[PDB]
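So, a structure with benzylpenicillin (bound form) in it.
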Amino acid sequence: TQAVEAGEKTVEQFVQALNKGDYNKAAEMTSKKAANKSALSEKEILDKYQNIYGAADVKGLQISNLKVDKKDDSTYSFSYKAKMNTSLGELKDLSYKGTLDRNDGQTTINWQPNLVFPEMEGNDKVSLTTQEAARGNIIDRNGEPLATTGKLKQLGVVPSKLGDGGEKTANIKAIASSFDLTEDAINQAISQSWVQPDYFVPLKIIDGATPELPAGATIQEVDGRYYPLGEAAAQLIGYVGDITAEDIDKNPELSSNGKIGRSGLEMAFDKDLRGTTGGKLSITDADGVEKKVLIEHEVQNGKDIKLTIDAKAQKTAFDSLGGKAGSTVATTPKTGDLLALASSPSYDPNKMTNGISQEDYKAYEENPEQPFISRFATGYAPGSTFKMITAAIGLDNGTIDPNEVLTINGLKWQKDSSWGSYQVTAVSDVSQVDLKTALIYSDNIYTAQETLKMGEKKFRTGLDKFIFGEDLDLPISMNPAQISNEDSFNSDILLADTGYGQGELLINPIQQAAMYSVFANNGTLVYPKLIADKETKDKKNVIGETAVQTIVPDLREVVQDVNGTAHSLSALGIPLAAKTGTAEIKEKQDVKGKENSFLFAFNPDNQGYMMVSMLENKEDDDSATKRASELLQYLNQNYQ
Ligand SMILES: *C(=O)[C@@H](NC(=O)Cc1ccccc1)[C@@H]1N[C@@H](C(=O)O)C(C)(C)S1
């Protein structure tokens, strides 16, 4: 019995050393190379475990149902079920047999070929044939392609088959003249540090007919991932990259020759898009004739992914940002379909996945405007657009009378002398300010006074009915919106700032589109949705229908009133309700404060579309409002 317990520890450590990928430590727990003992030496056990388990990408060996007893004076038998992960799938239900040995005080494993796979005998080999799975496509709500896979002919020259003296110069000139490439660039590539005589130095990417090939040039067809919208959806869609040996160690079910999603939806839906590797893992005899099969799946290509995105709206939303720092979110607010998720500046995903120079990659990473950031998922202070939420809360809890006219003297205001030098500031000197006026001119003082009058308790009570702190059900990495840093403002100043969208508020554009959706659904919050087939989910009674019917007519006046901050959008001649905002930020360099321009706009007649556009670190006279004319026209015509 005391010996049977030591054997269950030996089988445990032997399996553990195999599981931990240390095939040498497991080899030293075996007996000597002899009959009725170990079949091979230790160096041959290492090389057999390394060759076979390495070829099958064997990872995560775990056993169960261990049964160890006694067979003779020095012989102990052991059995167990086992399972392991391979590049083909899960290899479960493995009945392992063996015998232990107690020669001195230690117990060793009489190693046999049946301890690599159950039915191996003598000089049996292992064979693995695999078929790569085609990565699925990504498409928009109307079927247009967003990310597809295909073949790409790649021109390239062989330095050895190019020439010696003069003939190499002649072949370079013929390759240059027959492929439209400068002669100074062909020599710059074939002379790089990595190049060797008999290598394949790629040049151009043939996108049409293959022309006449001079001496030295040769086309090598390769697989590529194409992105039709390109940079206009690079943050959302992401890009794929060549699978590395580290990736295979983490998930053996990958193809060491395929691509893996690195960011965005390409990485988010990597499992669904990449498919499953097909093939067969068999045990052959000593000559290569197949005996027993261990795994066999057929190649199953990846699934396609259909998004709520509109390819036209996505490209228009991105183009309207003119390459400046910003982002635009367009939805159908009654269902939550995300029509566009643009971020700017961006990077070339085609260039990123189909070969990018190391200089260009550093440009993308050293760019201060940071093109790799998904700005529709970055938290910001919403600014003056947030007054709609504060107003709706003040109307619901009976704090704001729409017709009551506050008197506001001057452009500065503070509650009392305890505020020191801090004062809420108004841009327009309007003395008689009611709710409709405060939304048209965007008056901070009215909002600050009504927030302080409301109280912190009643303010948060209305705020907590929204999606602050919630994690949206979206395949986009994202932080939840927050009201402040802590559960209490503990400051009348901070309570006031939060009233008109400043303070410690952090709400990303997508979360803003979800929160502002209440004004298109009579106070019901409709959650955003990116997968076209998902079910619409909502959250009712977030604000009162009374507040919606009061505020939306005022938001029409933000566009229609001649002093409205969005009056430039009345040139469209379409039903629009809007609210602009400009948030000031002092979290970069103290040399100068930076401003973020915002625009919220939806159709108040049919509620077909909703838009939340942003400009980060805006230039002067530049706003989100002056750029939104084109996207609004498209959404108004195509989403009624
Ligand atoms: C809301 O965001 C308000 N903004 C400020 O009080 C800060 C600010 C920023 C730049 C210049 C002056 C003041 C108001 N809303 C914006 C807007 O709707 O664009 C105004 C510029 C009207 S102030």
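Since chain A takes its numbers from the PDB entry, the residues it shows come out as 39-678. Whatever order the structure lists them in is the order used to number ligands and atoms, beginning at 1. Hydrogens, waters and symmetry mates are skipped; everything else that's a heavy atom, side chains included, is used.
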Practice prompt. List the chief contact partner of benzylpenicillin (bound form) in this entry, with the name from the PDB entry.
Written response: Penicillin binding protein 5
Discussion item. Just wondering, which residues come within 4.0 Å of benzylpenicillin (bound form) on a heavy-atom basis?
Written reply: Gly421, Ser422, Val465, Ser480, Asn482, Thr618, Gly619, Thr620, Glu622, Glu633
Item to complete: Report which residue and atom the deposited model joins to benzylpenicillin (bound form) by a covalent bond.
Response: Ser422 OG
Practice prompt. Give the source organism of chain A as listed in the PDB entry.
Written response: Enterococcus faecium
